[PDB]
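Bound state: Proteasome subunit beta type-2 + carfilzomib (bound form).
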Amino acid sequence: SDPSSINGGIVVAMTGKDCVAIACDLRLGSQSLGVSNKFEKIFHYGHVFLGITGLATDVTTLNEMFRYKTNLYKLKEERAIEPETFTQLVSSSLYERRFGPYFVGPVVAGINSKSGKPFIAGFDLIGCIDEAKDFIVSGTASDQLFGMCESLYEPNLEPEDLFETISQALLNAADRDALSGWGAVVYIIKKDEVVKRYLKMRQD
Amino acid sequence: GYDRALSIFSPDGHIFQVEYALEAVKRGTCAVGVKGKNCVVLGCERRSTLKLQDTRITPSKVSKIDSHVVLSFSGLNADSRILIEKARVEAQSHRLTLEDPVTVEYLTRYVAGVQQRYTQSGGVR
Amino acid sequence: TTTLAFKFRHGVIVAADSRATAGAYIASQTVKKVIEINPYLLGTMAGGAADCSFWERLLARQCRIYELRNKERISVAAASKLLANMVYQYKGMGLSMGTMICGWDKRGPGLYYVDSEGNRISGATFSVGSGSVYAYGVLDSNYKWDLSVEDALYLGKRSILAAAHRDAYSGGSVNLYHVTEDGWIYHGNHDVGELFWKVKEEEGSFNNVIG
Amino acid sequence: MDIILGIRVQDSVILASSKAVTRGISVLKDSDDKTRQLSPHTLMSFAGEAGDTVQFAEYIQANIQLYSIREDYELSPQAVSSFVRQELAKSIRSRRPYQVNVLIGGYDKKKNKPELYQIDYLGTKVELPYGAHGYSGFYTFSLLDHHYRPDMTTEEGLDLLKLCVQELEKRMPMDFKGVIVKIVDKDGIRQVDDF
Amino acid sequence: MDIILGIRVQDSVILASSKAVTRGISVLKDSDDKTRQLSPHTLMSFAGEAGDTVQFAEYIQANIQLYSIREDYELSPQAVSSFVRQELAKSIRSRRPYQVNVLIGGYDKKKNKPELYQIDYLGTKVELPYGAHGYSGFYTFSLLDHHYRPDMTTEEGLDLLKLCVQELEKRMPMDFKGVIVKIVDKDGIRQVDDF
Amino acid sequence: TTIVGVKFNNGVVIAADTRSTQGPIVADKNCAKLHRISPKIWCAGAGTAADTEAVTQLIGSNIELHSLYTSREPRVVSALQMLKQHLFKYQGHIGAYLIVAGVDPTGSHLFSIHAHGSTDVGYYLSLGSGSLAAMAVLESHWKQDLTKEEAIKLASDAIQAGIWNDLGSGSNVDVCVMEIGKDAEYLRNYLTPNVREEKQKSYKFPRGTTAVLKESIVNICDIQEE
Amino acid sequence: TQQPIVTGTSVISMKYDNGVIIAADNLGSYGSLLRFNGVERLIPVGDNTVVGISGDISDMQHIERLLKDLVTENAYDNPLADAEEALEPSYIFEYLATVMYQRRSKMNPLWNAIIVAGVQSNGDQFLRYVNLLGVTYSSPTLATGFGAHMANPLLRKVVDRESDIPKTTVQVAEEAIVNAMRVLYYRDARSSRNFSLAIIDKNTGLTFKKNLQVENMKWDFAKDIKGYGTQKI
Amino acid sequence: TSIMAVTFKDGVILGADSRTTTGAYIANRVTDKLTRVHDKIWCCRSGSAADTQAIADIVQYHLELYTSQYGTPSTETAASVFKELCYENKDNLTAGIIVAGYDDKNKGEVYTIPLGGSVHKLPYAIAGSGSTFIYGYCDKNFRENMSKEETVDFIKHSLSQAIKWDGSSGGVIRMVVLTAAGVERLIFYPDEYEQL
Amino acid sequence: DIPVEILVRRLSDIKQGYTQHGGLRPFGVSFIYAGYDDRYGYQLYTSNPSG
Amino acid sequence: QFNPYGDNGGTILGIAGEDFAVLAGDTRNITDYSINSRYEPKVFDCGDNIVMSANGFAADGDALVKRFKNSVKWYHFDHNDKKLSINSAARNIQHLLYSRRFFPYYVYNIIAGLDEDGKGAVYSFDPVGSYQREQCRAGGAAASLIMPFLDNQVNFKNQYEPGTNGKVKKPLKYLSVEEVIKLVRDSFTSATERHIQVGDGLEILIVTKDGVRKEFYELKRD
Ligand SMILES: *[C@@](C)(CO)[C@](*)(O)[C@H](CC(C)C)NC(=O)[C@H](Cc1ccccc1)NC(=O)[C@H](CC(C)C)NC(=O)[C@H](CCc1ccccc1)NC(=O)CN1CCOCC1
Ligand SMILES: *[C@@](C)(CO)[C@](*)(O)[C@H](CC(C)C)NC(=O)[C@H](Cc1ccccc1)NC(=O)[C@H](CC(C)C)NC(=O)[C@H](CCc1ccccc1)NC(=O)CN1CCOCC1
Ligand SMILES: *[C@@](C)(CO)[C@](*)(O)[C@H](CC(C)C)NC(=O)[C@H](Cc1ccccc1)NC(=O)[C@H](CC(C)C)NC(=O)[C@H](CCc1ccccc1)NC(=O)CN1CCOCC1
Ligand SMILES: [Cl-]
Ligand SMILES: [Mg+2]
Ligand SMILES: [Mg+2]
Ligand SMILES: [Mg+2]
Ligand SMILES: [Mg+2]
Ligand SMILES: [Mg+2]
């Protein structure tokens, strides 16, 4: 019944030293039933990454919507959109449905191409921005992720170290949530290279 | 909205805008239709003033309205697209509501009705 | 939960997962859903953990006083019926139990399904729990009477795995039991995480999953 | 309606749909075809509330047929599935949503690959090797998870489907009156007349 | 449980009861016998809510068997049916009523006549040539009203019963997994092993 | 949330905590609740977080256009009027509870505003879940003819009362001072009484601890030449 | 199960170096009607305990009778009733807490929130809370109803933790309590100006002050407040 | 709330308490419920603070526009505008308003507008939750053509009792005197009116 | 990605509309469309104010 | 309508060592958004080298503990001062809980001590008596925040040995009391940051063959 927990899923983002990381599980379900183990929740528009949890139809819809809006932004501005600017666009777009909202928990992650500053942000379903320095969590195991991130995280981690921290935060949170799991992906993002890693986890 | 009466009668009982529309048809490339015992053939002229044309992608003169009906024309090319689109929509609408494809006579009657409507509606030619 | 049990030539197989849930939160993953009532009687648990635990432990004490007064081990049918009558008193009051009483007695291997609704059914094959529906597919397709102990143990194990994979509220580990006329035999605790990958490679199944 | 299954094999997509239509305590029909051909190489099966199902399917059919005539070109199964999803995602926030779940089976002639898409009434799309709607998948997924290979022949896919249906007929309380089976491949769409 | 039928012919009573037991979306069993022998020439079939059915039948069985031992005499089907009715009429105004409907088929050895009684959970008793509980009679009564004679043989009664079951299997949405059939006559109670 | 507003001799000061919740969970430990409507008109917001932002950004946008149209510096009463009429129209469904303060050509002003559109005037005000803890302090220590330094102290003391005694409030104290004839000074994290202690252990993992299946480079660049 | 009819609002209290202080106003409200103006809600038990009660007044009067009867019963066959075997604050509290939890467990509660304040035999300060649910807790400061929201923050500024108790004098503690009662009069719509205050000191014993009033109030600034926004006159 | 308006020889006086509540919490203890819609036409507000403010603001707008076109409006005219809003939007409002004003021709006039949106012209009026407790006192003590000092004492004593018994009433007693001489604001603090 | 012709037809239909209804002046523009898609490959089109 | 239940917040945590066991819990007591007490003990020494903590609805938790302490007292009287083993206490507690199956104790409950082989033991209970011996368990408001961390740092879940890449797991090496107390403090410090009902103080009870020892650490008061 609760739209935010029908399909299940989780997303987590972290900052490091001159880098950011964003990760998600791959499960799509119909409550107790597992339907897909390939439902990726992270999308990118140029160098800006967006993770979305919640109702799967709205996840798919918002991706198509922000792809639409960022493609137009680029044609007019003659440049790729930045994370700070994209974050405001996501907030604007969600609040325009204030009284008929998308049931989602978006997470933005990226590095400003000009200043080189790492950036992450989270939102509620109606657009409120949570701009954090350390980490952002979202999903059915958000309580679990808050506990893992708040204890495992330390600032100024190197990319290959950050990878292990975020991966363990996701994996162990997902294994305490019935509606999350069935695979996982981690994006490691630097100013001009992005690596994507699929994790091996329990398939139950 | 623009409501101006463009198609109107003249003292001698003529609607000039409709008659001037026939002059546009006279200017258009020749189209011919011949029906045999068990077939119909539609022939169309292509003016050779336009070479360096890409014949793969250039709009063909004969248009399929449905799988069993075709429509060719003479006159303004841009105008023909509007009639063809309407005819195609109606063809699917007929299949959808009556569970039979349109008869050729029905489709013709629809297209002809659209043309007539544009001879006594305000703001349109 | 997912639990199953089935009769066959060489006794009865009993298998169950180990997950315990409180909403979406996985509270435990080390729960014993098979209770040892006597060296020849097993009981499965599904639904209310507290309910199933209390009433089946209380039944085991009824079955023991029976043995003392009568100099005879209780039958599977009598044991299943004592439970059924016990829970019937509290019918409509809120109890949530889905159990199977597995054993070997004078009539050979016995297997009864008992629930809080009032049902008490004898049968050769059962599966109860949220993941039962997934397990039935594997059982029904591969179940014989002329099944070897080795193949029968694998079937019950593979059936739980099928459910543990699909059902969100099933998983953790697989507990196996084999009941003979000389009594039940524990056949270990098997982590689904490790078991899944093993089965995938050796069997070739779960091709859709990457590993 | 009740059970709709789908399985993508090596060179084709197989859709199996139940035949029963039910109004209350009475079976009105036992030979209902719960499918519409959207294009020569794209088939859509469907199930949900009465009226909504057929109204939606025929509405989609009309739109794809219109596209085909306008462009003289067949849309890819992926393009069709995306169009259908948008219509359902649009529907779910409307005054009265279409209560319909669909499977779209198609053969992409460009890539020479069969494709199967599962879409529910909310607009939740997923590409799968095999899928089901409602209580169907609950009984059938364990067998498909076990037996399915991506290099299966059409005949092997049908045998696995018979096994899935046999399980449904044993454990489902409702009598769905068997299934109509259709195969979608490079040569088009055809019905298996004996199943 | 689902369907229970009864038909009184010339020299016997035939009871047909479905085999399925269902818990939610799953068929737990397909060979359930929904009947208890109350005495050598009296059989009771039953259907209603889980637990209540078997608890009540076995309670009645125990009471009639106790009477038989105490008196060394078999109660008439009429006497048994009256006892059962009183227990249900007593039950309906209790804290938690038995939710059970029964058919009692018996052969009265004194009158040399078969007798069939239909009793619902309220304690509503009626003697009939043929009867049914739940949604069963809705499908079967038109055939019985048409074909039934009181001078029918047991074999003719079984053929008419097959016709009733065939109609149920065609028009009922629920699969009840066939029926167990039992005949009550002068020689006692026996089961038709092939139906 | 806890938010306050206190008037003084030659101006007005507002303050707020920095906690944002989602049930019993803290979503943000350093949230910014002090919003700028115009350069010298700031408001503190409690309630539905998105609503306090959106309603503030909107009225601030319209205030800027008004200021440009009239060639005048915006007034607090204008922001107040525009806010209450907007909130009243949505009949409480926009859950914004605001304290609006500022300086303008008319002088210094301090107002509160509720979600249903009612406004109140005062020398000291408090809103949010910690408003009672804060008002207890204000009623005990407020006096007429406060200095700037006394008012900042009173305001932050009132927020602290909410931080310590209200579970809906916590972390840091933000302040904004609006004095007549001066630029408004926004004091982000004026107080930081809730820094986390050092952890007992480092949970940095050995590289190679996590099991991986696949690796791939993600193409973020555009389509290339040649 | 019932609903409260005639009610009493906040009861506030705190520990100090040599004892405890407790206070409560003299009002018995009837919904929004301030019906009864002479209601005593602090009830002494011996010379070492004061029970402060809020909530339903009919249930308060019942509890008051239970306590009076408790004293009578303790004196029975007890030569040391005014000495070693006198009633302690901890005895009185546990009895009430037992009754409150039993009544909630029968779904027929005493609709009250109670604070038991006193000094034990060994000179230790006793201050514990109990309510209609049987829930109990102790703290250096305790308050019921609105006092929990407004008084506790003010009293916790004096005694923030256990180590602040020896540093707090009776003059400072009383001053804080009296200020809190003023604040509650400003802000609680079901409060009165008249209140009672009780001090239980390990040296000077029980001091019970009646007919106290909230004084030194600030209202003068109200004259400058005009309209609700734009109005000037 | 506790509000009242009383006509007397030289004009009319409005009176009110200063309490606004959210349940049992006093959200503001120094509220000004006496609001001006025209130079010498004021109103007393009771009910929803949001509704009564929105209404009074709209009325002030209407009368400001009236004045620009047709000159000074009558107190009856002001009461009619209030009524029109309160009556036509009765399903969505919770406002109990007393309208009071001074003309030179009509002198002091008082109109009360309860929940339904009906209008009632009276010599004096009382309204708000606290008014219930002083119906008897006011009926017994009111006289027509009182002096300014007599009328101030009448309102002071009346609202004193209303405040005493009603928990939803309290704070200071505000008053506004409307005469030919002009507009005078009065305030009376707890220490003054409680001892009456 | 939109096929080239479909985009061209849409713009040309908009131009056509201004010549048949509305009473407004047409767009004084002629386009050369250069594009690629996987059906026809590289394509050149032109449109003029007639649509 | 009268609601006989309430929520007093709080969070507890039990960890079993090789020859010791700890039971930790915060000292904060709350209703809604108010703080009742910053120091209200929640973990108790119940005798026979057993520690217990039952809470959620404080009044039901206080009653259960009070009853179990009483049960220990009567176990000595009735069975010749015999020591109540941890497994026997667990089973006894099940029956205290199920005696109110139709008007439950609204609590999370954990006991800790040593088994009859001298090894550390932790038992966990649901409100109606379902109990489980475990190595690591958190209960209460922030249980979901803490448990995943303990799965990782106590049982080494999802942790493999570098170089093998997922082929070989991290071996299950036992933890010392000093290492365990670090995990406890870090668990509660992390929970205090993200959960509003957790804070003020942390009381830890350690159980060895020598007896029961206490440790107290401050937490954030916001
Ligand atoms: C599969 C895993 C799920 O279907 C199995 O069926 C297992 C069977 C095993 C455990 C024997 N069942 C459960 O996991 C079962 C599901 C369930 C829950 C509640 C009622 C019926 C069935 N889970 C439980 O019994 C859990 C076990 C705990 C987590 C160890 N118990 C609870 O959820 C308890 C029991 C509550 C209860 C039952 C009857 C009357 C009163 C209370 N409830 C709580 O702890 C409270 N709950 C905590 C989480 O936050 C929400 C409130
Ligand atoms: C103190 C801290 C609490 O009173 C303050 O008042 C602050 C005010 C500041 C931050 C502006 N208030 C909050 O932090 C506020 C409390 C709150 C919660 C719910 C309703 C009203 C007020 N918190 C929020 O508004 C959060 C902000 C997030 C954490 C960035 N938002 C939510 O909790 C939203 C509520 C959205 C909403 C929609 C419609 C009407 C009212 C509120 N809730 C969720 O996102 C929960 N859920 C997650 C899964 O996806 C579905 C929604
Ligand atoms: C006396 C008090 C009674 O007649 C006076 O009439 C004064 C009049 C002056 C202030 C105009 N009235 C009030 O103080 C008025 C009483 C009231 C309360 C609720 C509805 C109508 C009248 N108080 C208010 O309007 C407050 C003012 C806020 C605090 C600034 N507003 C509320 O209490 C709002 C109103 C929402 C509403 C509800 C129903 C109808 C209309 C509006 N209510 C809340 O904020 C809800 N509140 C929080 C949760 O607990 C319940 C109460
Ligand atoms: Cl107001
Ligand atoms: Mg999981
Ligand atoms: Mg699972
Ligand atoms: Mg789907
Ligand atoms: Mg008062
Ligand atoms: Mg905290």
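So you know, we letter chains A, B, ... as the sequences are listed, proteins then strands, and number each from 1. What you see here is only part of the deposit, and the contact count is restricted to that part. Header lists the method as X-ray crystallography, 2.7 Å. Indexing begins at 1, ligand by ligand and atom by atom, following the structure's order.
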(request) Point out each ligand or chain corresponding to carfilzomib (bound form). (result) ligands 1, 2 and 3
(request) State which other chains have a heavy atom under 4.0 Å from an atom of carfilzomib (bound form, ligand 2). (result) A, F
(message) I need the source organism for chain F from the PDB entry - what is it?
(response) Saccharomyces cerevisiae (strain ATCC 204508 / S288c)
(message) Quick one: what name does the PDB give chain A?
(response) Proteasome subunit beta type-3
(message) Can you help me out: which residue and atom, if any, share a covalent bond with carfilzomib (bound form, ligand 2)?
(response) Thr1(F) OG1
(message) So, looking at chain F, which UniProt active-site residue gets closest to carfilzomib (bound form, ligand 2)? And what's the heavy-atom distance, to 1 Å?
(response) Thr1(F), 1 Å
(message) Mind pulling out the residues near carfilzomib (bound form, ligand 2)? I'm using a 4.0 Å cut-off on non-hydrogen atoms.
(response) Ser4(A), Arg98(A), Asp124(A), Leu125(A), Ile126(A), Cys128(A), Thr1(F), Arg19(F), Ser20(F), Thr21(F), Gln22(F), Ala27(F), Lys33(F), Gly45(F), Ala46(F), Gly47(F), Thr48(F), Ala49(F), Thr52(F), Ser129(F), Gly168(F)
